[PDB]
Each structure stands twice: as C-alpha cells, then as structure tokens.
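Down below is the structure, laid out as structure tokens.
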Amino acid sequence: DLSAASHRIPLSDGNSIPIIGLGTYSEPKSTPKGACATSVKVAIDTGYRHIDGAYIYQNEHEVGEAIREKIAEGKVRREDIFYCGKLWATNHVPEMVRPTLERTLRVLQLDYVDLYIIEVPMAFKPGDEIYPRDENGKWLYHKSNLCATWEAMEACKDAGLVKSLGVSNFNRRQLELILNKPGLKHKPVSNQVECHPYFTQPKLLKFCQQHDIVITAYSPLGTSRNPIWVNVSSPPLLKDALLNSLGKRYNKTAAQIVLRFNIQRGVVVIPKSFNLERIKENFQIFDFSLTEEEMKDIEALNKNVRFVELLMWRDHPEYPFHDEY
Ligand SMILES: NC(=O)c1ccc[n+]([C@@H]2O[C@H](COP(=O)([O-])OP(=O)(O)OC[C@H]3O[C@@H](n4cnc5c(N)ncnc54)[C@H](OP(=O)(O)O)[C@@H]3O)[C@@H](O)[C@H]2O)c1
Ligand SMILES: C[C@]12CC[C@H]3[C@@H](CCC4=CC(=O)CC[C@@]43C)[C@@H]1CC[C@@H]2O
C-alpha cells in the first residue's frame, strides 16, 4: 500500500494528507535557534511531505524558512507540502480567527496553509500571553462558543487562505456541536489527539470514522515526557516489552513499530525529532508491515490512560477529558 514515494490518504473535503509528518514542538528555552528549520529541511530531504506546527510553538518562522528554501531549490513544489497550523485558545473570539491565521501566513511567508485546526476546545483570555493567569496563578479563562469560532474558521476556507479545516483535543460532544451546527458549511476533516499503543483511542476513532474524520496522532511516540505535562511515573512507551520484542523481530526500533502500527490503521502520525538520525529512523516505516495478529497484540497494550491529561485546565467548561471519549 503505502510507500515512501506515495503515502497520502484522502480527507473528506477532497484534499489528501501525508500519513506521516514531522512534529515541531520543542521547549522554547531549551532549543537552539535554527534547530527547527534544520530539522524541517532534513525531514523534507528524507521524504517527509507533512509538517505539523503552531504559532505558539514559537518557531513557526523557522518552519516557513525551511519550507520556502526547499521550494526555492526545487526539492518540492508548494502543492507537494502539507503544513498544519493551529488556532490557540487566546484567539477564539470570532473576530480574531482570520487575523490570527493571517499572522501565521505572514510568519510562514506562505499564501495558505493546508490544514488549520482549533488547537484546544477551551478559550482563554485574549492577550499577549499564551497562558494567562492572575498574580494568584489562577487561570484567566474566556467563555467559549465553538460554533461561532468554527464559523470564522469556515470564512477562512471560503477566502482561500486554508485548504482544510479541523480540530484538536476535541471529544465526541464537542465534535457533535460542530457536526450538528445549523448551517454547517465545512465539516472538520481531522481531529488531532494523543494516540499510540498505550492510548489507542478506539471509541473516538470509530466515532471519527463514522463521520469521515481522520485522526492525527500527536505524541505518537509517547511524548518527550516533560514532567510539567506528563506523569513521568507512567512507564515510557518506547520501553514497552512487546514493542521492543516486535522491534527485534523486524530489526526495527520500538519507535518504528509504534509508528507503523498507527499508520497501518489509517491514523496519521506526526512524530517530532530534531535529531537527524531519528528523523530518518522514524520515516523508515514503509518497508515492513505488521501482521493482523501483531496488530491485535499491539492494540491490546491500550491502557485507556493518556500521557497528556492537561490537568491544569480540568475546570474549564470545555475541558475535553472528563467524558469517556
Ligand atoms: N495539538 C496538540 O495539542 C499537540 C500536543 C502535543 C504535541 N502535538 C504535535 O505532535 C508532535 C508530536 O508529539 P510530541 O512532540 O509531543 O511527541 P512525540 O513525537 O511522541 O515524541 C517526541 C520525543 O521523542 C524523541 N524521539 C523522536 N524520535 C525518536 C526515536 N526514534 N527514538 C527515541 N526517541 C525519539 C524526541 O527527541 P529528539 O527530538 O531528540 O529525537 C522527543 O523527545 C508535536 O511536536 C506537535 O507538532 C500536538
Ligand atoms: C502545546 C502545549 C504545550 C506543550 C505540551 C503540549 C501537551 C503535550 C506535551 C508533552 C510534553 O512532554 C512536552 C510538552 C507538550 C508538547 C501542550 C498542549 C497545549 C499546550 O499549548
């Protein structure tokens, strides 16, 4: 099926998405300047045709630098590259949506993005702070209105500034709010959520499939395990015994088995690496396949326990992870 040369899958709006992309979140204070640009360049040279980014990762200008350089030298055409950008919580006021996308286009120095998604379902205080809180450390929230935010997203598509619209960290209820919208013009085509053999999202995946929504697996290797966002008492995904033993069987690493697992089930994966060797390793997933028995055994690792619980926002009206899916 999938090959290095050819591994795009269809989206419900007629576009397509490369089933592996390069994730680009990196700790801003702990990351050298230019590491993102270089990594994007190396990934494109390796064969990646999808890059996942966000203004709030603080490096979208490096993403643009790299994509633009590779287009200028003729490695790829604009049409061959799929960039996904994200609308952060402080920018959900409908009047703010298109100017926020427009800023990302200017930062990238590109005419459109391939996919633009609502980054989380919660709205925070519009400001010059990504994570607004009072001196008391209390979180500065904003009342959400996902339907009105979505309408503003639709207008960006109508204007030609984005090919496909989608969402992230949305549960079934939140998806239905959009999908049941009176006057819905553009259905979401993607939901970007945590997904990997310890959290396989079986119900949310089946629900998305019911609506022709493709899941994009963020943290598909189990995260960088920063103690701020992940419980580092949870066992590291890449130390799993089955994943390592299947790696031995195929002379592949646990990482490669995890990535192959999700793509083989039609789940897009966006592993992040800023390491040239691991960027290449993570793309070498088209020269083997897992047997159905293997696939079953890996899905069986599903703990229905997430690494990314976002516990600091659990009180927000739109907190997505109280519901079972
Ligand atoms: N929409 C959202 O809410 C959301 C939230 C979180 C993440 N995401 C997106 O999804 C991307 C992926 O997730 P993530 O960055 O959290 O995590 P991840 O991709 O699951 O894991 C990345 C961690 O794994 C290391 N790594 C990469 N390849 C490896 C390999 N072959 N073997 C061993 N270690 C490897 C990386 O270090 P090196 O760089 O040194 O290789 C990094 O520390 C993000 O960068 C972002 O684009 C979206
Ligand atoms: C992107 C983000 C900050 C970075 C977080 C991400 C959740 C997952 C996470 C796992 C880590 O180990 C590193 C930090 C990251 C990558 C958060 C979700 C919303 C917040 O803005």
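In this chain, residues are counted from 1 in sequence order. As the structure lists them, so they are numbered: ligands from 1, and atoms in each ligand from 1. If you check the header, you will see the structure was determined by X-ray crystallography, 1.6 Å. Heavy atoms only: backbone and side chains are in, while hydrogens, waters and symmetry mates are out.
- Going by the PDB entry, the chain with the most contacts to ligand 2 here is 3-oxo-5-beta-steroid 4-dehydrogenase.
- Per PDB records, the drug at ligand 2 is named testosterone.
- At the shortest separation from atom 18 (C) of testosterone among protein heavy atoms lies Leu310 CD1, 4.3 Å.
- In chain A, testosterone lies within 4.0 Å of these UniProt NADP(+)-binding residues, judged by heavy atoms: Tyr25, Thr223.
- For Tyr131, the closest heavy-atom approach to testosterone falls below 4.0 Å.
- Using a non-hydrogen distance threshold of 4.0 Å, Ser224 registers as a contact of testosterone.
- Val308 CG1, 3.6 Å is the protein heavy atom nearest to atom 7 (C) of testosterone.
- Per the deposited entry, no covalent link of testosterone reaches a chain.
- For the pair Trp88 and testosterone, a heavy-atom separation below 4.0 Å is found.
- For atom 1 (C) of testosterone, the closest non-hydrogen atom of the protein is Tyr57 CE2, 3.9 Å.
- Intersecting the UniProt substrate-binding annotation for chain A with heavy-atom proximity to testosterone (under 4.0 Å) gives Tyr25, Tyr57, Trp88, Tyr131, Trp229.
- For chain A, the UniProt active-site residue nearest to testosterone, measured heavy atom to heavy atom and given to 1 Å, is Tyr57, 4 Å.
- Nearest non-hydrogen protein atom to atom 16 (C) of testosterone is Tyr25 CD2, 3.3 Å.
- According to the PDB entry, the source organism of chain A is Homo sapiens.
- In this structure, the binding site of testosterone at 4.0 Å (heavy atoms) is formed by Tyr25, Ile56, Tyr57, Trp88, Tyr131, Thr223, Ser224, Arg225, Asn226, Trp229, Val230, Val308.
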Enumerate the pairs of nitrogen or oxygen atoms, one from testosterone and one from the protein, separated by less than 3.5 angstrom; state names and distance to 0.1 Å.
unit_1       : atom_1 : unit_2 : atom_2 : d
testosterone : 12 (O) : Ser224 : OG     : 3.2
testosterone : 12 (O) : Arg225 : N      : 3.3
testosterone : 12 (O) : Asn226 : N      : 2.9
testosterone : 21 (O) : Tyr131 : OH     : 3.1

